[PDB]
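So that the names make sense, note that chain A is the first sequence line, chain B the second, and so on, each numbered from 1. In listed order, ligands and their atoms are each counted from 1.
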There are 2 protein chains.
Amino acid sequence: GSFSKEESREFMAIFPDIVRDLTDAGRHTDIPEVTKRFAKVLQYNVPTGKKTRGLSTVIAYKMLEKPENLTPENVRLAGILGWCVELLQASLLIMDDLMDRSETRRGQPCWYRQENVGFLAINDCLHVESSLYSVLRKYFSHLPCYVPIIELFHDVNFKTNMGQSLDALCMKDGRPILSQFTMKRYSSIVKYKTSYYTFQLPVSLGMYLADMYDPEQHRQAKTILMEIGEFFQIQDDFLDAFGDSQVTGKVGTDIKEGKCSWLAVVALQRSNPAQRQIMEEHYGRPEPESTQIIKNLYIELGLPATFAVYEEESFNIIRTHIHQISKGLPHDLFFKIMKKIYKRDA
Amino acid sequence: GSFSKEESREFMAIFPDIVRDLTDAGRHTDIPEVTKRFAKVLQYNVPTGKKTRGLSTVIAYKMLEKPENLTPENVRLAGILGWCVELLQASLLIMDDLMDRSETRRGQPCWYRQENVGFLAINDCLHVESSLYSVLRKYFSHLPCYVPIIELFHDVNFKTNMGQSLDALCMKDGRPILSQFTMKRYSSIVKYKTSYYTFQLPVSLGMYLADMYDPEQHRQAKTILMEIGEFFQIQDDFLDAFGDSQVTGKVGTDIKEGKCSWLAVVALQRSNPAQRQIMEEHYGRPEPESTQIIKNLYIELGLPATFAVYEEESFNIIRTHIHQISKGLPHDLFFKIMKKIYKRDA
Ligand SMILES: CC(C)=CCC/C(C)=C/COP(=O)(O)OP(=O)(O)O
Ligand SMILES: CC(C)=CCC/C(C)=C/COP(=O)(O)OP(=O)(O)O
Ligand SMILES: O=P(O)(O)C(O)(Cn1ccnc1)P(=O)(O)O
Ligand SMILES: O=P(O)(O)C(O)(Cn1ccnc1)P(=O)(O)O
Ligand SMILES: [Mg+2]
Ligand SMILES: [Mg+2]
Ligand SMILES: [Mg+2]
Ligand SMILES: [Mg+2]
Ligand SMILES: [Mg+2]
Ligand SMILES: [Mg+2]
């Protein structure tokens, strides 16, 4: 547990085998041009993030499984399951960068902006997603958890798509629909676009690999992880406006794209009539000066301190909710996840 | 069998239930804005094609299953399985139209060109694909064929992505790689981008729903269906240059996008040095006059008559190969598929 350097190195050591499995490395193919290119798609887009979701899968398994069952082989299976989550993440971010007209991801150009990619990034998005099911078939097809694991990936993929769609409906006729930027809409967006795939998916996979199918245990885990998910996406929204791109690895676009971000929702709650006028005039505009005006309003409204205090109070509340978790569910699993993301700058 | 009007009407009657299943029609949702929009995504993009692949799934089942097992309920399951193939087709075409910068699909604007879609079509592509697995879980999760069916969809999706990628690598530095436009490259492209999902997938699904898992029966079916698939994509390539858009429902882009089409490959085989120079100068150019010059060369080289004769000879050869099919595999299934596509103008 505790997302150590050793934990990261054991997880990273699996990645080259995932690439070999999906590119027929060492095996005859009639289409080597595609398998060689797909190696570069995977190497660019999959392994250079924080790997929070992959590592969370392994830590969940290690803390849920009986100690006597934690063989090197079973721990490797959990790591492979973690990489399947990272393949879903990689696919989502390729598509998300196209939709958000983003510049940088993980400190390199967004994949769609690279030479001879463009709209081919759409196919690469689909290709990376489809590839996780090939890995699942190879290593898990013989196990009782196989169908539960596949059905969970299918369901989380569908839910994430619904979330990406609601996120995108922030604008119509080139202006943001500020009247609809409520905390209710915000909670709905982040539940579907982030919480299911980021927190619910890793822990539920850990439970399934340990042959834990109890509906009440899954429901209790889900309740806490959907709260953690909302908290995580609020942190992401703060990073978009106030993050250092040299640390976050990405340049923010939420203001220009007119997104229903936490900062936008809270700005509208805290705004006097004049400040509301500034949002209505300058939010979701292409002009750099319009973005700077909105950032200046965010600073004037004290959004940095408001976020800082919200993050501390939300951390305390989630810790209270974790204390209420029963069954055999280890509290320390949820505490470790929270400790890993709390007050993050990336 | 025989793709009758009655067959089409029975298949079409299932579609509204597929839409209701994927949009929580009659059920409470916290995100009605997305479920209502997704109804319009499905209604626009899924049901207005020829439905050859969906209908082929039903006809395969009806000709492989024991007559006493062809209850209305089992025939409905085959139709639902057919609609899962049509969801995969719908997803592929949304993405393919973005990548091919196409104007029209099924006699209406390409989905990405509609108001307030754009790059959101990428998400809609992913959403429509993920949705077929929800339908599979609802109606088939209790059946022996469930895992075989899921694994076949996963494998065919991955293969189709590899094919879309090879298709896209026709150009580098804005010029087509005419030296690589060989019949060998062509056969590889169409095997992956068309044959698996168009012909192999429907018949293999029909076999699985009839609990036919014999590896040799699947291999024999695959051999004929990969031949039919290549034949079908050659017909598609002819339609791109010489089709009537009022009949095909789509405007061709292969010449402008510099595609390794059958017409391009055969043009290069049949071209004298001067005619080769015309391809090298005018193939894969944005200027309308460049496209017209290539179409004029195609007419001069007699590509219409060359295609017409190829189609007749290929039909005869495939019919010979079908005669060689053994086991209990019904020859009439493969004959019906060929009769449905032979000399098509759409
Ligand atoms: C060279 C640099 C500065 C790289 C930045 C790496 C980084 C902090 C990525 C976040 O993980 P992710 O990409 O998986 O995203 P998420 O925040 O959604 O977990
Ligand atoms: C109003 C008009 C003219 C509509 C055209 C309909 C049509 C012939 C679609 C082909 O089916 P499809 O879209 O499923 O494609 P494919 O050729 O790949 O089967
Ligand atoms: O803000 P987004 O939702 O676009 C983002 O968090 C990615 N994402 C997409 C869905 N869930 C998360 P990112 O800031 O990484 O570009
Ligand atoms: O020619 P394409 O491969 O792009 C096509 O056939 C679609 N497609 C994509 C993959 N297989 C078939 P369409 O002419 O319908 O645009
Ligand atoms: Mg983004
Ligand atoms: Mg986004
Ligand atoms: Mg963000
Ligand atoms: Mg096309
Ligand atoms: Mg295409
Ligand atoms: Mg075509």
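Bound to ligand 3 with the largest number of contacts is the chain that the PDB entry calls Isoprenyl diphosphate synthase. The drug located at ligand 3 is named zoledronic acid.
By chain letter, the other chains having a heavy atom closer than 4.0 Å to zoledronic acid (ligand 3) are A.
Heavy atoms of A:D240 come nearer than 4.0 angstrom to zoledronic acid (ligand 3) in no pair at all.
Residue A:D96 has at least one heavy-atom neighbour below 4.0 Å for each of these atoms of zoledronic acid (ligand 3): 4 (O), 7 (C), 9 (C), 16 (O). Entry annotation: chain A, source organism Phaedon cochleariae.
Near A:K250, the atoms of zoledronic acid (ligand 3) lying under 4.0 angstrom from a non-hydrogen atom of the residue are 13 (P), 14 (O), 15 (O).
Neighbours of zoledronic acid (ligand 3) among the ligands and ions, at a cut-off of 4.0 Å: ligand 5 (magnesium ion), ligand 6 (magnesium ion), ligand 7 (magnesium ion).
For zoledronic acid (ligand 3), the atoms closer than 4.0 angstrom to any heavy atom of A:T194 are 11 (N), 12 (C). Regarding atom 4 (O) of zoledronic acid (ligand 3), its nearest protein heavy-atom neighbour is A:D100 OD2, 2.8 Å.
Residue, atom and distance of the protein heavy atom nearest to atom 3 (O) of zoledronic acid (ligand 3) are A:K193 NZ, 2.8 Å.
Given atom 15 (O) of zoledronic acid (ligand 3), the protein heavy atom at minimum distance is A:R105 NH1, 2.8 Å.
At a 4.0 Å cut-off, not a single heavy atom of A:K259 sits close enough to zoledronic acid (ligand 3) to count as contact.
Remark: distances from the non-hydrogen atoms of A:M99 to zoledronic acid (ligand 3) are all 4.0 Å or more. Protein heavy atom nearest atom 1 (O) of zoledronic acid (ligand 3), with residue, atom name and distance: A:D236 OD2, 3.2 Å.
Within 4.0 Å of zoledronic acid (ligand 3), judged by non-hydrogen atoms, the site holds A:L92, A:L93, A:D96, A:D100, A:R105, A:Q164, A:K193, A:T194, A:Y197, A:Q233, A:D236, A:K250.
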Protein N/O near zoledronic acid (ligand 3) N/O, under 3.5 Å, which pairs?
unit_1	atom_1	unit_2	atom_2	d
zoledronic acid (ligand 3)	1 (O)	A:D236	OD2	3.2
zoledronic acid (ligand 3)	3 (O)	A:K193	NZ	2.8
zoledronic acid (ligand 3)	4 (O)	A:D96	OD1	3.0
zoledronic acid (ligand 3)	4 (O)	A:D96	OD2	3.0
zoledronic acid (ligand 3)	4 (O)	A:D100	OD2	2.8
zoledronic acid (ligand 3)	6 (O)	A:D236	OD2	2.8
zoledronic acid (ligand 3)	11 (N)	A:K193	O	2.9
zoledronic acid (ligand 3)	11 (N)	A:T194	OG1	2.9
zoledronic acid (ligand 3)	14 (O)	A:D236	OD1	3.4
zoledronic acid (ligand 3)	14 (O)	A:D236	OD2	3.0
zoledronic acid (ligand 3)	14 (O)	A:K250	NZ	3.0
zoledronic acid (ligand 3)	15 (O)	A:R105	NH1	2.8
zoledronic acid (ligand 3)	15 (O)	A:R105	NH2	3.4
zoledronic acid (ligand 3)	15 (O)	A:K250	NZ	3.0
zoledronic acid (ligand 3)	16 (O)	A:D96	OD2	3.0
zoledronic acid (ligand 3)	16 (O)	A:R105	NH2	3.0

